[PDB]
**Student:** 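Below is a structure I'd like to ask you about.
One letter per chain, A onward, in the order of the sequence lines. Using the numbering of the PDB entry, the residues shown for chain A are 3-178, 193-521, in order. The residue numbers of chain B are those assigned by the PDB entry, with the residues present covering 3-178, 193-521 sequentially. Quick check of the header: X-ray crystallography, 3.1 Å. Just so you know, ligand 1 is whichever comes first in the structure, and atom 1 is the first atom listed for that ligand.
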There are 2 protein chains.
Amino acid sequence: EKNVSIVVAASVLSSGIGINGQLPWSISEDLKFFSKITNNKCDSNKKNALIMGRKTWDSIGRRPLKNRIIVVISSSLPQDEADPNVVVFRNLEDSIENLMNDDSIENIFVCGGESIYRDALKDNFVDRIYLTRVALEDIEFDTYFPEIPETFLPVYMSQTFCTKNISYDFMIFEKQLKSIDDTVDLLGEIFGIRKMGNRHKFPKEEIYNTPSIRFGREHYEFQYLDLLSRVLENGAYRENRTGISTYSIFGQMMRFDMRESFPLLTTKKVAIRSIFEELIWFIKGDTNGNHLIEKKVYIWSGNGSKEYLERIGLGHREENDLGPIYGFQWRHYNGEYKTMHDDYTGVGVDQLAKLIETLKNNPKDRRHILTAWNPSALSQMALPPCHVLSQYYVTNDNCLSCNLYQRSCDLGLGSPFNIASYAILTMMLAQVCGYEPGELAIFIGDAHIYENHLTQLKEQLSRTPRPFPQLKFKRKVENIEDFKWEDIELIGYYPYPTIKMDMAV
Amino acid sequence: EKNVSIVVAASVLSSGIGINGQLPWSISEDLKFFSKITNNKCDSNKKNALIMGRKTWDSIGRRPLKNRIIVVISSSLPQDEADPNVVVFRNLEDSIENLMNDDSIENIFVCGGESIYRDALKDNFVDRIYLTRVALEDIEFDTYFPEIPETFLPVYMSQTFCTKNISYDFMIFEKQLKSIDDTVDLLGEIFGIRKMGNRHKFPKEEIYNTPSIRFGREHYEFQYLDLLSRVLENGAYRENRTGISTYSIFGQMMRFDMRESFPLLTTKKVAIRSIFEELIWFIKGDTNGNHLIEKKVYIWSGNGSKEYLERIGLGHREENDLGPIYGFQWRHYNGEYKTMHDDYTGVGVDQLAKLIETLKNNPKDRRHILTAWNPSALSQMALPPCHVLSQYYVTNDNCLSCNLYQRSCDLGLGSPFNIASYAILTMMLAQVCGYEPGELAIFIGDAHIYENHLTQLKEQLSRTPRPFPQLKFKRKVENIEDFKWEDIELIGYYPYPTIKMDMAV
Ligand SMILES: NC(=O)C1=CN([C@@H]2O[C@H](COP(=O)(O)OP(=O)(O)OC[C@H]3O[C@@H](n4cnc5c(N)ncnc54)[C@H](OP(=O)(O)O)[C@@H]3O)[C@@H](O)[C@H]2O)C=CC1
Ligand SMILES: NC(=O)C1=CN([C@@H]2O[C@H](COP(=O)(O)OP(=O)(O)OC[C@H]3O[C@@H](n4cnc5c(N)ncnc54)[C@H](OP(=O)(O)O)[C@@H]3O)[C@@H](O)[C@H]2O)C=CC1
Ligand SMILES: CN(Cc1cnc2nc(N)nc(N)c2n1)c1ccc(C(=O)N[C@@H](CCC(=O)O)C(=O)O)cc1
Ligand SMILES: CN(Cc1cnc2nc(N)nc(N)c2n1)c1ccc(C(=O)N[C@@H](CCC(=O)O)C(=O)O)cc1
Ligand SMILES: Cc1[nH]c2nc(N)[nH]c(=O)c2c1Sc1ccc(C(=O)N[C@@H](CCC(=O)O)C(=O)O)c(Cl)c1
Ligand SMILES: Cc1[nH]c2nc(N)[nH]c(=O)c2c1Sc1ccc(C(=O)N[C@@H](CCC(=O)O)C(=O)O)c(Cl)c1
Ligand SMILES: O=c1[nH]c(=O)n([C@H]2C[C@H](O)[C@@H](COP(=O)(O)O)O2)cc1F
Ligand SMILES: O=c1[nH]c(=O)n([C@H]2C[C@H](O)[C@@H](COP(=O)(O)O)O2)cc1F
């Protein structure tokens, strides 16, 4: 018995692999990945056999690959005994004689050919599958990769990488000490909630997104999905200011990469425009909710309504005057707030300006902090800061990383919007200060799920993640307040259908 | 061949197991652990054999244990053929006939007897060791547990549990798929710093605290030690405001249990008194450094000196006037600071009082937040807030959990002090509001190690952790500012010797 793995780069959705006898993309990192994954061996006296179709053999210019033996499947190509590195077989089955004979082969790889892939799956010869998903679908294909049968299960999903503004992943599909575990279980039986391990139980398979991927959960959307599962598992059913109770856990975190991708969820279509518009609405220090409604953004409607304002003791306030909320504390901290129409120029502390100036004039500083929690202004605010305080960090390789603490997190609505918002903000601060995006760490206090989002989020958990999109700015601005929606280019975003969820006012 | 494990509860330091023919402690959880770990089996048709000394057999009142076969080692006790659950052998070697014969035995356990333990180790018959470390040493022993030979390695260390104010651990000593790993390594070779996984490399064995414990690192001091290893591994060498450069990483966290223990480091003797004194110094809202110095606490000496103050542009300030720092922002937020001698009573916003009142009048609130970051007062402060913002959470079972965000962390000096300080603070807030301590999560921004603490911390990493101590209050106070050092009782703290490290001014 010898291992036979499949290596293939297909598109994310339609699984296209070629067009007009060639690849519909040019990713050097992918070809390098193929090279290293096919050259991987233990015995130095052995080589790896590469099975490919005749047309694929024509595609590579009919030239052998070093340290490997290319096996060409063709009904016309003569058995060339000249080249000792290339061999031709009449059928796929006979080509796999490497098992019974020729001990100079350590591993067998199916490298390409839809006609080859399909009958390599149909006749069941494949043990492992190395799938390289590529994020582009608005192009033309003529050669596709056959749908993976249910006999295979994903065991690995790498982070999203970027080459020429193209997002791509690396996945592995597999055909499928006791003492410590037993001891921990026993301690979990003796001590109940006393044992902290029992307070943080591992999510069950029924609510675990892609359960088959256990040790290879490298994709950073899992940082959010596994959190969703954790709140779904250990979430204490508790009440709150709203009539809708939540299942809540305390003390969590999510990590994200922004260098090679953009942390925008693919399991659900997220309204990016509203996120950006809200972000620049903050940056300007604007507190007028109507300005968001005029631009068809209704995320501050429920927390802005006259009824809600009169209910929280702000009946004197205008229809959509949210008060000294986010942005007003960014640009005018400790500034005496009157109405949303007043001109607060020069008043208060401009945290954003000092933040930028400190970021570019003193990068290795440890005080790059933007806060929104003002005890003196909390009573005037329509809604206390959820994404409370953020800190920024300039790495040695000129990258900008962002940490955000969030006191309360709506994993259904608030969370993705926050992730994307601070990602975009980090990118803006990066471009303005002349840096590159780095990492985004979000530390969550009260991580909760509303009881009216149960079926929806459980539906979202039933979706296997896709590679993160890319976010590029079309122009470089001099002032951070000059960003426009037309200046934003979102590349390679192919998410699952949107999920309608109601906001608890 | 059959597995032979040793089960033993010994003291943490001198490894005492008995006194005057009985146990020097009474822990029901420990005896229950013994019962479950000795009753653990696969075959229902088989039983487990329990080998013990004659004196141990006398200790249990000479009564058999259910579902187990007790093997008594004695040169005087007659071979009782009456009881089929108890059997007597003349020597330990002959006693291990359970291997060659009697297939009705599935596992073999050495349950007690120093005379038995010592020659069970000396003749090498033991495969596994279940050690229950107990935290008390100021008592009398007459029977000890022999020192574990180098042939054994720890693979597990449970969290610290508490019974009758006694701390204890559960440890296991053992006598000692590739595809995903290969793929990740290859991707790490192709992509360099581009791959985020390579930016967060797993610490090397040379700087990994107790490397043998891989999957059983349950002890929560590992939350700090593994962080130390991570910064020691991936730490970017960068400069700062002080002349001493640091190795720094960004975005980390540490979790801690406070229900069954107290997160005070045992790998280094931490000055708990200074921590507490600083804490109540904060609670009172005092900014006078001398008040801390008068009580022989010199942690705020360097950041208070006249030279340092004049250097940071505060030459007008008195010898130890630290300005609107911690406590002043807790009790008098946005209060105009003059000197440390002025009476700031009634002025500013009392965050702490409102925090307590909200905690006891509305536990399920999501705004339980105490902040210290005030942009308007940063220029006056001798040192901007490191432990910036904290949030508190009242669980359904009336427990108090605490989250703390820290912008900058000195893993040598500041970190343990912060952990212990907010732990004690959480306990105080728990008692005052009528709750019990829960969990402590610390989210760290700039986690760094000063270059003059290298050899010291590398020395600290060479010490295998001991169970966390216990913290009990001797009296219940009506006001949180009424806490005294005499009211604090630290039980079972047996740490490694102190490690002298200098503070970078
Ligand atoms: N993204 C990726 O990883 C890869 C993409 N590609 C792309 O896909 C395309 C190639 O795939 P495709 O269009 O399907 O062409 P194929 O490479 O699959 O053609 C295979 C050839 O092998 C011979 N052959 C196949 N099956 C049999 C059989 N059962 N018995 C005898 N001979 C057989 C035939 O040659 P003959 O005429 O002699 O009978 C056939 O033309 C190209 O555009 C290529 O660039 C290719 C490889 C990898
Ligand atoms: N903390 C823990 O987990 C445990 C603690 N303990 C404590 O330890 C103490 C008891 O241990 P200890 O004092 O060492 O006494 P032991 O338990 O080791 O019993 C020793 C007896 O076993 C017989 N024996 C021992 N070795 C031999 C041998 N090589 N050949 C023949 N017979 C042998 C002898 O009995 P004989 O007189 O017939 O010759 C001897 O007196 C108690 O205080 C007990 O409470 C005990 C078990 C567990
Ligand atoms: C047409 N074709 C098939 C092809 C293309 N992309 C793929 N991409 C993936 N992820 N998997 C495949 N099996 C795959 N196959 C090609 C084209 C070029 C090379 C190639 O040049 N390989 C060199 C790469 C050289 C290098 O980057 O160092 C090697 O040494 O293996 C291989 C296959
Ligand atoms: C004297 N002695 C030896 C003893 C005491 N403490 C230990 N503690 C540890 N961790 N390990 C040991 N091997 C151990 N042995 C004892 C004393 C009581 C019981 C005992 O009561 N066993 C019951 C436990 C009943 C229960 O608590 O539920 C059982 O069912 O096995 C066992 C051994
Ligand atoms: C400002 C605010 N107040 C909230 N109160 C509760 N209970 N939960 C919240 O998330 C919030 C928020 S932030 C927020 C973010 C996104 C939305 C939102 O529109 N979510 C929907 C629709 C998005 C859209 O198309 O605009 C979704 O993502 O599926 C809303 Cl209502 C509020
Ligand atoms: C207040 C302050 N200022 C700091 N500046 C830098 N660069 N680093 C820091 O950790 C700090 C701190 S916090 C702090 C905490 C404990 C101590 C401290 O005295 N540690 C001693 C033990 C405590 C004692 O007995 O004083 C030690 O670990 O050897 C000090 Cl100096 C400062
Ligand atoms: O960015 C946001 N993210 C978020 O999750 N919320 C939710 C969290 C909470 O469920 C609700 C109200 O906050 P509070 O917990 O103080 O009632 O708003 C609000 C935001 F602005
Ligand atoms: O509780 C504390 N913990 C701590 O780690 N520091 C250290 C962090 C930093 O290395 C130094 C000064 O902070 P900054 O980064 O602003 O120089 O004080 C200070 C405290 F008060």
**Student:** Which of troglitazone, methotrexate, runcaciguat is the drug or drug candidate present at ligand 3?
**Tutor:**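 The correct choice is methotrexate.
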**Student:** Which protein or nucleic acid chain has the most heavy atoms near methotrexate (ligand 3), under its name in the PDB entry?
**Tutor:**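 By contact count, the main one is Bifunctional thymidylate synthase-dihydrofolate reductase.
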**Student:** Under a 4.0 Å cut-off, which other chains come into heavy-atom contact with methotrexate (ligand 3)?
**Tutor:** A
**Student:** I'm curious, which organism is chain A from according to the PDB?
**Tutor:** Cryptosporidium hominis
**Student:** What residues, by chain and number, sit within 4.0 Å of methotrexate (ligand 3) when only non-hydrogen atoms are counted?
**Tutor:**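 Heavy atoms under 4.0 Å: A/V9, A/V10, A/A11, A/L25, A/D32, A/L33, A/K34, A/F36, A/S37, A/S61, A/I62, A/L67, A/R70, A/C113, A/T134.
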